[PDB]
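Complex: drozitumab / Tumor necrosis factor receptor superfamily member 10B.
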Amino acid sequence: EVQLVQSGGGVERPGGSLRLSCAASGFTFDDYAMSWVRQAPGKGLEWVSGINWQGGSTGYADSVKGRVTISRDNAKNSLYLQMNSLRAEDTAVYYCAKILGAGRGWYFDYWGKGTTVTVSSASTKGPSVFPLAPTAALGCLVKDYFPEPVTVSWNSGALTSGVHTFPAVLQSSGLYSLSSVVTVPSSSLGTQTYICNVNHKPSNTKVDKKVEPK
Amino acid sequence: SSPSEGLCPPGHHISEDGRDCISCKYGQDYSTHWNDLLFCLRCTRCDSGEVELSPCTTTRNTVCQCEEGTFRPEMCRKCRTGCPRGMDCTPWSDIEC
Amino acid sequence: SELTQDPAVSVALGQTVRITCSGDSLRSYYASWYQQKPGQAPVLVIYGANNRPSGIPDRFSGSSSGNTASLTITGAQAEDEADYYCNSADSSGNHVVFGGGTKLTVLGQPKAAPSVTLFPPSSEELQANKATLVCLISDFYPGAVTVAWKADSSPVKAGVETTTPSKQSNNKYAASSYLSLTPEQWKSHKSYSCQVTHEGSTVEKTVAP
């Protein structure tokens, strides 16, 4: 049976170059057409480029035309996509896919595991933690940090009940932000101290923010 | 409008009663010949390997042409690269040897 | 170009569902469907006419009338809660085009209304000349919600960031939404609203300067 090995999960700055490579085994490769098809984080599939069995026909989605290039080496059962001048919107997972026929087409009967490509303007940044003052509900806004991930805890890790950390959202600025919100009794606001522990290891940051009632 | 000799003209199918020539819907269905049929035949839709050489009219069904590097009535085939011993690929013919 | 399919549908286990994909080029190019279980390579389901690769269930069936293709699952089992996209060539013939995808949920747990909590900007942030509203949603099933922001009465698209729903310990979903604004934009309006449309019904929370 068919096998397809992608590779090269790359982090790259905008305007930079990658060369996604796909190798294929377990079927005659030069009998069949190929194509790259992507998908940005949790937002629908998108066709990138197509190639003919021989290498003649080559199709490119308007969103990439002129920027990327497609080519196969039937001698090495390989298919590439050179990327040039990346865009922040090229942030996607990229699947090399076998088109069912010999001609250039839209029936991808096989899909590689897909390589992840990340394009970010931003550089490493520590978070700016703001407290979310107040059964009461308080928390910590872990605003503007790069890259992923970050560890949130409470009272030196001594509290694990009522704790909820939400997955971080990449902003249009390219800097992540998340919230952790804990639920506590109304009586606790007079007898207990509430500090969150935010540790961002990629930037070597440890911030302990006190949450006091406004 | 009116069925000549029990038959409706190309691009039409006769009505249920027998008195009217209803026209085929362009893009949807067609008829090629003088006929007393109850419906027009639906247009052929193109498969992957193919492009729409002539779009489907009312008098004419759709022509799907095999793409660059293949040829044809069920699926586009890959062209024979070389010839056998002692002996050009088009969108409708293999290589001739 | 662009063929539009509903972003979210549902079925009760053992029932039938038809996912339709609509686009003025599906008048002259056969469709084709894929299935994408969360964090797998899409898996081809029904290519054109109505033929299915070896290995995909009988249950599945592709159809076409006019400018609409339609994937149809009979007796949808548990192992069908996945994303199904469609594709054809574009209007011409050179490009390929994918449907916006449909989140097909298979009904396991009974339906749950979302739990909204909205936070106005903290004084510390405003002192740094910043302002961020935080709208936190949880405990909803099925996991597909429309989050909207309002300035008094007017829809606000700019400054908004939102996450894609995810399964909690309770199997229900949760999502977060953020509105970044200048403190001058914060004071210029009477009220700011976070509106969560789930299964039609919308839950609204409001905060004021």
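Lettering of chains proceeds alphabetically from A, tracking the sequence lines in order. Heads up, chain A uses the PDB entry numbers, so what you see runs 1-134, 143-222. All chain B residue numbers match the PDB entry; in order, they span 21-92, 97-111, 116-125. Chain C is numbered as in the PDB entry; the shown residues are, in order, 1-209. Technique stated in the header: X-ray crystallography, 3.2 Å. Below, each value reflects all heavy atoms present in this structure, side chains not excepted, and no hydrogens, waters or symmetry copies.
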- drozitumab - positions in model: chains A and C
- Which residue numbers of chain B come within 4.5 Å of drozitumab (chains A and C) when only heavy atoms are considered? B/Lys45, B/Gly47, B/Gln48, B/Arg65, B/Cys66, B/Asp67, B/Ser68, B/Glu70, B/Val71, B/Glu72, B/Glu87, B/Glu88, B/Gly89, B/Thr90, B/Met99, B/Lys102, B/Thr105
- Task: Give the paratope of drozitumab (chains A and C) towards chain B, heavy atoms under 4.5 Å, by chain and number.
- Result: A/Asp30, A/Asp31, A/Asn52, A/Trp53, A/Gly56, A/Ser57, A/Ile99, A/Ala102, A/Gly103, A/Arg104, A/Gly105, A/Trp106, A/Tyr107, C/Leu26, C/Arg27, C/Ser28, C/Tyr29, C/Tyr30, C/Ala31, C/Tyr47, C/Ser64, C/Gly66, C/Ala69, C/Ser88, C/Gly93
- Entry organism field for chain B: Homo sapiens
- Task: Specify how the entry names chain A.
- Result: Fab fragment of drozitumab, heavy chain
